[PDB]
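Summary heading: complex between avibactam (bound form) and Beta-lactamase.
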There are 2 protein chains.
Amino acid sequence: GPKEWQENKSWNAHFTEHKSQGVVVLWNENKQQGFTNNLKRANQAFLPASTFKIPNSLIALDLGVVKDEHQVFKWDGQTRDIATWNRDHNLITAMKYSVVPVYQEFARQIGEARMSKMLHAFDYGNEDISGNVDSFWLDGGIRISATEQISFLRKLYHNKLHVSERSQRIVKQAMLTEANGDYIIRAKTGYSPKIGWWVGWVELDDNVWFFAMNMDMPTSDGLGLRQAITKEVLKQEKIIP
Amino acid sequence: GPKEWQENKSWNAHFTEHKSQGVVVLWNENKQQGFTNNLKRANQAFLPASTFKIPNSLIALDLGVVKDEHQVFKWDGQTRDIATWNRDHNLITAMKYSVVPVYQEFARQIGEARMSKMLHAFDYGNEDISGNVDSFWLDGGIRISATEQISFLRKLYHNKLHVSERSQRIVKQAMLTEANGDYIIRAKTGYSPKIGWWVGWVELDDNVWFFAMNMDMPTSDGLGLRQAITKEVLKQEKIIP
Ligand SMILES: *C(=O)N1C[C@H](NOS(=O)(=O)O)CC[C@H]1C(N)=O
Ligand SMILES: *C(=O)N1C[C@H](NOS(=O)(=O)O)CC[C@H]1C(N)=O
Ligand SMILES: [Cl-]
């Protein structure tokens, strides 16, 4: 019989081009088949870092901590290193600019008990929120693999997570990254010390390709390699032009 | 003091450059003010043509004629002149490829009584469905002006139409045309005998600009001028780069 999961090591060339190492995992929804350059690393669990703003957003919306995608979270007046964080935001722009202080406030309002219960309900990674309620996804005990990211994203795509359909549609809107006549990408980046992520999916006319990539990220320089390397894989596989 | 609507006739140069005539209407949501090159034509009511697939989609979803954006409507097997129509479609691809026969099926299932009631609820144009329920927006009596399109789109953007929030969110998803780090465009084209349309909005980080344009279209050549002329106005006004 055909293989649910196949390894394509030729994608390693896209990492080697940049003196980097990592994994891209692709899932072809119509075929129900997955593809990766590194089967072992595809299943190793890492801190989710800013990719956690996907479940954090869902939980905040479903609990009413965030009323809708237009509600304004005012800047607290603390001048931070990332200039785009030093302004008022809504859910859309907080996702777009990956505004940590806004999501820390969401997490504090959610609280430890509800956050833990909701990650259990989501089957999210190791479901472990050990650490600070407002930083465990950056320096605490939570861990998720690339294949687990795809599983979670597939549930989100199909409105199957244990939150309202409305919360799922709002977050999928907030994940919008790029759209043209050839494809739509909904995705979220992340970076914790050691590891950069890009997770999401590519919508085509007649199929959807889910993706989850992580790579060794010693420096914030080359954060753009997350999208660049993934797009080289997508181009090689003729998913995007 | 300032007016709700201001005329900017310098935009006429974008029509003149293409030996064409028409109107662009913009609405700045933050400032609650509108701008147009021709206030008279901005209020002239025309057949909506394929821009009707916005309200038609909303009504079909809210009545359950269309269950969700993934439900497939199979090709009826009749080979029509637009090749992309000769295939199966869902709501997303039917709006992208402007598949009239799919929307005619929606309209027949909606039926005349519910169609008329819903367009009245929407305050949509002249609300006149006289003719056939599956062609009145192509060759019947319904008429809508560019400013009426703006009013309708503003209600849709704010989830204020008399249909479920869910139906409104799905249609706004289906309207997605272009997205990048600078802007998102949700919009729909149309073409009836001698008139081309483009209506929708441009989402920015801290504002939304609604737009409705129409132009004289004596031949099918120059349909791309609908977006091209609109984008020249958007660029002149520094809404997009
Ligand atoms: C999340 O991983 N973070 C917040 C912010 N996002 O940048 S990224 O999404 O482009 O990775 C900066 C990196 C990281 C953090 N340092 O908290
Ligand atoms: C809608 O106005 N129509 C359907 C189709 N779409 O073309 S457009 O959306 O690019 O204007 C062809 C034109 C028109 C029609 N002939 O019914
Ligand atoms: Cl969207």
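Going down the sequence lines, the chains are called A, B, C, and so on. Quick note: numbers on chain A are straight from the PDB entry, i.e. 21-261, in order. Chain B is numbered as in the PDB entry; the shown residues are, in order, 21-261. Counting starts at 1 for both ligands and their atoms, following the listed order. We use all heavy atoms of the structure for the numbers below, so side chains are in, but hydrogens, waters and symmetry mates are not.
- The parts of the structure that belong to avibactam (bound form) are ligands 1 and 2.
- With heavy atoms closer than 4.0 Å, the chains neighbouring avibactam (bound form, ligand 2) read B.
- Here's the thing with B:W105: none of its N/O atoms is less than 3.5 angstrom from an N/O atom of avibactam (bound form, ligand 2).
- For avibactam (bound form, ligand 2), the atoms closer than 4.0 angstrom to any heavy atom of B:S70 are 1 (C), 2 (O), 3 (N), 4 (C), 5 (C), 6 (N), 14 (C).
- Heavy atoms of B:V120 found under 4.0 angstrom from avibactam (bound form, ligand 2) belong exclusively to the side chain.
- Here's the thing with B:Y211: one of its N/O atoms is less than 3.5 angstrom from an N/O atom of avibactam (bound form, ligand 2).
- In terms of protein heavy atoms, atom 12 (C) of avibactam (bound form, ligand 2) is closest to B:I102 CD1, 4.0 Å.
- Listed by number with element, the atoms of avibactam (bound form, ligand 2) under 4.0 Å from a non-hydrogen atom of B:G210 are 2 (O), 11 (O).
- Within avibactam (bound form, ligand 2), counting atoms from 1 as listed, the ones closer than 4.0 Å to a heavy atom of B:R246 are 8 (S), 10 (O), 11 (O).
- Looking at the model, one finds a covalent bond between avibactam (bound form, ligand 2) and B:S70 OG.
- Less than 4.0 angstrom separates some heavy atom of B:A69 from each of these atoms of avibactam (bound form, ligand 2): 2 (O).
- An N or O contact shorter than 3.5 Å is missing between B:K73 and avibactam (bound form, ligand 2) by distance.
- Set against the non-hydrogen atoms of B:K208, the atoms of avibactam (bound form, ligand 2) under 4.0 Å away are 9 (O).
- Inclusion of B:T209 in the set of residues having an N or O under 3.5 Å from an N or O of avibactam (bound form, ligand 2) is warranted.
- Heavy atoms under 4.0 Å from avibactam (bound form, ligand 2) belong to B:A69, B:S70, B:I102, B:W105, B:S118, B:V120, B:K208, B:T209, B:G210, B:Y211, B:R246.
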